[PDB]
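Nicotinamide phosphoribosyltransferase, liganded with FK-866.
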Amino acid sequence: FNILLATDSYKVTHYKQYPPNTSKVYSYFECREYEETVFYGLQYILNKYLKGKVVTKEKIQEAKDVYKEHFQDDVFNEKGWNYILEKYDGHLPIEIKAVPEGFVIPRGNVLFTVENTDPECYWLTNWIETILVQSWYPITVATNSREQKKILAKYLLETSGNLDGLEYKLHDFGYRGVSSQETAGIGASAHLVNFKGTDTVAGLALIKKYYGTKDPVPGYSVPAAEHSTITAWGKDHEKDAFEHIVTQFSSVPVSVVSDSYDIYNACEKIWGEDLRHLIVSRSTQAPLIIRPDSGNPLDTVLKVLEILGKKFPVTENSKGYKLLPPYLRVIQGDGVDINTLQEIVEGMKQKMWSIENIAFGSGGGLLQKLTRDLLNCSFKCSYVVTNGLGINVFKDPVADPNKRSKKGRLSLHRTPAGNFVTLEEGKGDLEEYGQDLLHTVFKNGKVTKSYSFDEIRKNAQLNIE
Amino acid sequence: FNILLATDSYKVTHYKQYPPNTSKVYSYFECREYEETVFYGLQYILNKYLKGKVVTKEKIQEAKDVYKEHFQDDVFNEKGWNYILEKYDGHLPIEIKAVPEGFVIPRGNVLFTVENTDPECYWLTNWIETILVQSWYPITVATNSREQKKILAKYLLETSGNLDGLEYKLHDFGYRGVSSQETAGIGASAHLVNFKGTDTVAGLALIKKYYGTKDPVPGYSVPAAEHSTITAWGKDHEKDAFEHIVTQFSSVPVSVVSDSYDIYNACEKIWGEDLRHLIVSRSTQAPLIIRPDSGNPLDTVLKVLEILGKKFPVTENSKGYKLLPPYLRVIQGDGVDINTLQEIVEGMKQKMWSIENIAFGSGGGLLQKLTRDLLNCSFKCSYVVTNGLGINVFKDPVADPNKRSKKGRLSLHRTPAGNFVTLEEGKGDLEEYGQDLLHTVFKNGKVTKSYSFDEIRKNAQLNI
Ligand SMILES: O=C(/C=C/c1cccnc1)NCCCCC1CCN(C(=O)c2ccccc2)CC1
Ligand SMILES: O=C(/C=C/c1cccnc1)NCCCCC1CCN(C(=O)c2ccccc2)CC1
């Protein structure tokens, strides 16, 4: 990895574009006015990419060589990068301030700020815009996950009277449906801020290396079947596959995909009649979890439940809702995103089925079907010093007021009612509001303030009680 | 990187689930059921992740230790992975066949197949599903970018006489808009299959390392402003910023974002009146490229062109379409995806503006606004041998016929009309449809067949 090759091409040319006699470029990050976001992921970037000796003589040559061919021109700030190497032993002369990781903050608020600590390195602040803005992803995944936990919480509490097992109600299936290996790790870590169940293994090693937990691992899974693991038996021997798998895993929770050929047959005849004897003998700590995987998600879940309720002993009510026997549960893992999750739980409630009956799995919707536009994650310059004189700067495009950016030196404060407010124009310097809620997390090549994953999870809790 | 920790956790438990006495698991990849896809990206994966000694005693132990806590149990197949280490010096006993990279293939065709080459390693075929399926991404980016080149080609050809400058008409802006550094490299590389213009400076090193070009680099850029380099001058000094930037870059092409405060004022008064003398003096080798960056993408572009054609000398084409003077162009890099790209070029054509006047930039739309559902990229088992007998294997869910998978030994063939067909059930073994078009690209830890990025580009060319 070469930090000199980890920016937008045009930013290689920006040092020649700022006003001459500019000693400071100050920039901030916001989710431009999902009315509330989880700040997560910066610490990963600081450690992996920005910390320590990130500039060497070889990295300067490498970049020089590439940019020459790439631009067909000698645009590249070799002098500027040599200065960092010579004066700071290749450590970035940058200070970053940030709200604690895990903090849940309404949109339109400053989440972190970036400025150079050396007047020569004025160009450096926005060189690292590209890398830092990619924090949009862990933030958006953590936020979207939490918002889905909010819906589950609402309906679990309503139908059941509590929240038992909530943190296992959305399972991460997103590993293969993601753009890369690195994305898998970052994204599965963000989901684990809210839940404890994951099939995306990459996230466990990221967390332990960059954040850490008191617990040996932040995430957990159970034995589960695949379509290959059923279909390999031959279409006439689906029952032999089912029987073999529940028996191999008789003592632990086991999930078995049941829609290879006909899910409704599989539930009514195979599980409900042929193999019922192997199911009803199962421990409460080791349910069979039937996994539908196709058809309309709502329509299929409801039909699966109606089938099963008539083949197995249903109890009712502490809230009036119906509950499968303890050794039998369902997991819906196809076509689940924030939109369809809400339609499924609402449809179940309408049909008198408790949310304690179901868990969800999500792949693409959970990790890949997200974009920087969702929360309008943006990084903009708000303050510059030119000729020893500070000015408050901003953009304000005529045709789009929603793209207007903040002015001057910023700070994040607690309001009298206990909410959040960003102060602009250096106004935080007055003592009218609180202490600044942002902390220096990186300065001159060193991470100066760290958070464990246990603190992050704590910070990102839902209110309910 | 540890390949024992690079799978869906449930696949850790799959070796216990296949029928006893299974010696062969044979699986394939398809874009199930955007009628044609560019096959790109597998080679990166083979080289980065699957080739060489991928298994060590340390990697086995690490995986053992993680999975013990992850499952709260001992389900990890230590014995199976130790057999690889001992027998094959940590090299995977797997064979993969694949269509040549860059190949443009209709949906529903086999693109690659995977099978184990040792009976002991029957569970290994689908262990590497997860990693291989991430192919969906370079394939989907390459396909979507090509589709966008098709639209541009159609409209450039119609409004001007030709396709001059086509390969520079969609610029990659997506570096900050993707999920990671690795994603940036993969995705920008995939866009470069179709175009030469990029600001995503991670795709170049990927291409040189895994694919290679004859030219020093596969992608190019020019000097350009961002809002910070305009806005830092102060609101009242936007003209000073413009003048400074174009003077610093007066002999090369330069893009200048002009919507910091008022895009329409900047074009008509600042570029069109105040600084006109610095624009009209520019070389044809070095146009000023005005960059709008907000508002309705089509309404903005059209008003931008109208403004400018009335401040600068416009010429009318051999096709009847209007053309800015050679030192002035436009790049629209906000809200551009395949849908809005089409609407802009059509709206331009309707108002008699040639596509030679414009280039596009695209960020999240080009590299992030994509899913595995778009082309239905899917890896499925189609053939197994158990107790010495091979059986054709498949799923066929009652409520979704579009999820049905292919049966038995698969093969890709050329039809009598010169099209593609996938033959199932080992029927390719009959000499009826000629030679199998898939090539062995990986076998027993070695890459056996590979392609230059120059070959890939050539394969991915448009008919036009
Ligand atoms: O099925 C898959 C993975 C599928 C997959 C993975 C990757 C790619 N493609 C497909 N994994 C099985 C995970 C189950 C985890 C927990 C066990 C404990 N649990 C209940 O006991 C339960 C309580 C109440 C309601 C339901 C269940 C809640 C769910
Ligand atoms: O504006 C940006 C980058 C913006 C950005 C990057 C990253 C993130 N956010 C924003 N870059 C300048 C790109 C120009 C590249 C080529 C030069 C040659 N060229 C024409 O001469 C031309 C011919 C016909 C029509 C138009 C132009 C075609 C376009």
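A, B, C, ... go to the sequence lines in the order they are written. The PDB entry numbering applies to chain A: residues 9-41, 54-485, in that order. Just so it is clear, chain B uses the PDB entry numbers, and the residues here are 9-41, 54-484, in order. Quick check of the header: X-ray crystallography, 2.1 Å. Order of appearance sets the numbers: ligands from 1, and atoms from 1 within every ligand. Just so it is clear, the values below take in all heavy atoms, side chains as well, and ignore hydrogens, waters and symmetry mates.
- Lab note - other chains with heavy atoms under 4.0 Å from FK-866 (ligand 2): A, B.
- For atom 12 (C) of FK-866 (ligand 2), the protein comes within 4.0 Å by at least one heavy atom.
- Of the protein's heavy atoms, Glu376(B) O, 3.3 Å lies nearest to atom 24 (C) of FK-866 (ligand 2).
- Under a 4.0 angstrom heavy-atom cut-off, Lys19(A) registers as lying outside contact with FK-866 (ligand 2).
- Residue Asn377(B) places a heavy atom under 4.0 Å from FK-866 (ligand 2).
- Of all atoms in FK-866 (ligand 2), numbered sequentially from 1 with element shown, those under 4.0 Å from a heavy atom of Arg196(B) are 8 (C), 9 (N).
- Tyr18(A) CE2, 3.5 Å is the protein heavy atom nearest to atom 7 (C) of FK-866 (ligand 2).
- For chain B, the UniProt beta-nicotinamide D-ribonucleotide-binding residues having a heavy atom under 4.0 Å from FK-866 (ligand 2) consist of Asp219(B), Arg311(B).
- The backbone of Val350(B), and not its side chain, has at least one atom closer than 4.0 Å to an atom of FK-866 (ligand 2) (non-hydrogen atoms only; backbone = N, CA, C, O).
- When the UniProt diphosphate-binding residues of chain B are filtered for a heavy atom under 4.0 Å from FK-866 (ligand 2), what remains is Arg196(B), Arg311(B).
- Within FK-866 (ligand 2), the atoms closer than 4.0 Å to a non-hydrogen atom of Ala244(B) are 1 (O), 2 (C), 11 (N), 12 (C), numbered from 1 in the order shown.
- Distance from atom 4 (C) of FK-866 (ligand 2) to its nearest protein heavy atom, with residue and atom name: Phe193(B) CZ, 3.1 Å.
- What sits closest to atom 22 (C) of FK-866 (ligand 2) on the protein, heavy atoms only, is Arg349(B) CG, 4.1 Å.
- Neither the backbone nor the side chain of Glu246(B) comes within 4.0 Å of FK-866 (ligand 2), counting heavy atoms alone.
- Using 4.0 Å as the threshold, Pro307(B) has a heavy atom nearer than that to some atom of FK-866 (ligand 2).
- Any N or O atom pair closer than 3.5 Å counts here, and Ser275(B) shares at least one such pair with FK-866 (ligand 2).
- Counting protein heavy atoms only, atom 17 (C) of FK-866 (ligand 2) is closest to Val242(B) CG1, 3.9 Å.
- Nearest residue to atom 19 (N) of FK-866 (ligand 2) from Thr218(B), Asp354(B), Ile309(B), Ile378(B) is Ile309(B) (criterion: closest heavy atom).
- Taking a cut-off of under 4.0 Å to the non-hydrogen atoms of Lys189(B), the atoms of FK-866 (ligand 2) that pass are 24 (C), 25 (C).
- For FK-866 (ligand 2), none of its N or O atoms has an N or O atom of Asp219(B) under 3.5 Å away.
- Proximity of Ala379(B) to FK-866 (ligand 2), defined as any heavy-atom pair under 4.0 Å, is shared by backbone and side chain alike.
- Near FK-866 (ligand 2), within 4.0 Å on a heavy-atom basis, the structure shows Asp16(A), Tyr18(A), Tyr188(B), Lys189(B), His191(B), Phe193(B), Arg196(B), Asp219(B), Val242(B), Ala244(B), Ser275(B), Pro307(B), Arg311(B), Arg349(B), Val350(B), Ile351(B), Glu376(B), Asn377(B), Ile378(B), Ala379(B).
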Distance dump, FK-866 (ligand 2) polar atoms to protein, N/O, under 3.5 Å:
residue           : atom  : partner   : partner atom : Å
FK-866 (ligand 2) : 1 (O) : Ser275(B) : OG           : 2.7
FK-866 (ligand 2) : 9 (N) : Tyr18(A)  : OH           : 3.3

